[PDB]
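One structure is given below, encoded as structure tokens.
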Amino acid sequence: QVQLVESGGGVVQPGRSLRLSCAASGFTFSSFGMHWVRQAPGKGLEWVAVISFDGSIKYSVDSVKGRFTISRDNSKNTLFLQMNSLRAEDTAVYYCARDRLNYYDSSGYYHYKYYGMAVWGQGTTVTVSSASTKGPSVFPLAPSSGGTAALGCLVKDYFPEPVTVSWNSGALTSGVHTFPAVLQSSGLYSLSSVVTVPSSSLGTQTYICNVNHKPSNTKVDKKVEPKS
Amino acid sequence: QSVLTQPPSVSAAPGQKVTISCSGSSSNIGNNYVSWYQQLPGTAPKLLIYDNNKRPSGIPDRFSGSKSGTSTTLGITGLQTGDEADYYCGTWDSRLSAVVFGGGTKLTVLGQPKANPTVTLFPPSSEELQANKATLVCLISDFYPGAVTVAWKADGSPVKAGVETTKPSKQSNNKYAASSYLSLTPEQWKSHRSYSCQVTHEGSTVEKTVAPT
């Protein structure tokens, strides 16, 4: 019954803004200090900001001062983070988190007092990059050269994530390996998918990789045939 | 880099206990309560310990916390595979006026047997060459532990330009995968007799080669 539901993530270019929401349920929202914490892909947790139970006291990390604004609406059990003038280094999963102890403890005479977090949201992804929406080029990777053959699709130069790949419209699943994308210096992604099949099937079965990049409305079913 | 120093990794075998340190200064751990959070792959963090050594409702006997002045220690006994995760210490810092987290300690549970990588290397496709691009694709799967080094060679000489390589990622079968891409012009693809992808894992190397002809 006690949870936090984040929304408002997205993909943007540098200099743009974004607003995150954290809808709270299960507890008296108005009695707890709230935080935002972020995690860049593959790195540690970085605290972003805190706001006191009643909104009067706020702190944030220097790198977001003047850019990000933590606020809350107690009458609607929601925590906000207004993100302006975004930079590539703001790219991360953003979590809201609730103080373990309520204002009985966290509202001192002098200060807001921190004793740990207890409840975390699921997170929302913010991606900041110079790149523009671009659909992939899809290239067949043909088999050649024991009684097994490997064939694939190269899904090249797309932005943003994600892309889904399947084979023969989901009918072919054994021997399928789809690899996480590489992020190139250009800001574009590429990925590949491979399937190992019996060599003896190559003249009686057709192999088609189904590539869907929803953000660019790109859907391609690419036939992969023996080379000649 | 971080204000609190945690070891980047530790490991022990199923059933053993392991220890994870978190070092700080008087303005954080010295004067404030430390919590420890566990993060499993693709999930939010979860509170393990608060007030230095307390376990919240539902966190089992196996986890514990100690404080020795400006340092703190997490203890995990009777290790289970499901304890594989990143562990973070956190606290308030009086000087910075911020919650501060250690960098993270990746916990590995031993026992899982070594697995050598399968390497698959594709040349540039006809279609890609026609669009005046060229990409060599090197796919690396089913290896454990989850670290490899990739090196490309053309006619025996190293190739550093145009190489982009992903970090390893965990497959669902608990082994790891990775991939490396070499971009060339069609001219420089045709100008060499061979290109080769060399994947080194625990000191051993697996090589595949492709050629225009």
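The sequence lines fix the lettering, A, B, ..., with proteins before strands; numbering per chain opens at 1. When the header is checked for method, it gives X-ray crystallography, 2.4 Å.
- Given onartuzumab, bimagrumab, infliximab, ibalizumab, erenumab, the compound at chains A and B is identified as erenumab.
- The deposit refers to chain A as erenumab Fab heavy chain, IgG1.
- Formally, the PDB entry designates chain B as erenumab Fab light chain, IgG1.
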